[PDB]
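Pictured: Estrogen receptor, co-complexed with estradiol.
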Amino acid sequence: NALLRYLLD
Amino acid sequence: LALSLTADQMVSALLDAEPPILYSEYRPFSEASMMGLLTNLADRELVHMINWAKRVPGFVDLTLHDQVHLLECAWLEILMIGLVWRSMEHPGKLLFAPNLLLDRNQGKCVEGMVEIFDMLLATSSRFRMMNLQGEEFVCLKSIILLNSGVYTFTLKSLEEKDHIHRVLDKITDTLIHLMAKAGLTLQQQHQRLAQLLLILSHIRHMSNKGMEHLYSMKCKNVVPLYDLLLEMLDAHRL
Ligand SMILES: C[C@]12CC[C@@H]3c4ccc(O)cc4CC[C@H]3[C@@H]1CC[C@@H]2O
């Protein structure tokens, strides 16, 4: 899950 | 917290959050070589778009899942308005990057892309004729991300819809404040707000046509598609 991983970082 | 910012703080915020300009990899282009460059560029810019979003005042207050749905439907309108904006001072050319200045005729090198270029160029001139300002530009790009998928998100969704509409209102106050500070007459301010807001319409339309073309090119195996870019491409059909 690209998009998600970047919203959490 | 975001709802408590003044017109000047919101302007500053957004001005700081702008993403950087990226370069393109280094005689005439081929259908494949040209989509390969644009796609490699759009894929690098989305990573930056994810982190510009998070700095837009109020975006992080949304549930993660609304954050995704918003980026998922607005990514190609956000890429389009940045392009129009950096092409503003180059009549007849689209500045994909500082080392990739394409014109209408290079648009013909890829099947069915010229129509798409023709509209980006017309919006670019439209913004030149109105003399769009950098402060306005940053406000428009935020309205575009907040208005992409609010009519597509039930008790927490109505709650998230209202918060979203509250940010939109503050951005509308900001834009009105920018025009007042440059001395537009009261009448003149709502004539310019509405003209800026009708260009979003055209942007939404360039976007829908842009997805179709992209997905065509992908289904013809014309270009391999990047991990993050594929993911986002799939959010529209799916
Ligand atoms: C998605 C497309 C390739 C990537 C293009 C791009 C790539 C980078 C960028 O900053 C803006 C744009 C806008 C137009 C996009 C094109 C719309 C049609 C085409 O398939």
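Going down the sequence lines, the chains are called A, B, C, and so on. Chain A residue numbers are taken from the PDB entry; in order, the displayed residues are 742-750. Going by the PDB entry, the residues shown for chain B are 306-331, 335-461, 465-549, listed in order. Indexing begins at 1, ligand by ligand and atom by atom, following the structure's order. These numbers come from the heavy atoms of this one structure, side chains and all, not from hydrogens, waters or symmetry mates.
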Chains in contact with estradiol (heavy atoms under 4.0 Å): B
B:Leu346, B:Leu387, B:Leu384: member with heavy atom nearest to atom 15 (C) of estradiol: B:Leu384
Residue selection (non-hydrogen contact nearest atom 12 (C) of estradiol) among B:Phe425, B:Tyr526, B:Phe404: B:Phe404
Option set B:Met342, B:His524, B:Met522, criterion heavy-atom distance to atom 19 (C) of estradiol, minimum: B:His524
Close approach, B:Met528 and estradiol, non-hydrogen under 4.0 angstrom: no
Majority-contact UniProt domain of chain B for estradiol: NR LBD
Mode of B:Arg394 contact toward estradiol - side chain, backbone, both, neither (heavy atoms, under 4.0 Å): side chain
Atom indices of estradiol, in the order listed, that fall short of 4.0 Å to a heavy atom of B:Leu525: 20 (O)
Within reach of estradiol, part of B:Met343 (heavy-atom separation under 4.0 Å): side chain
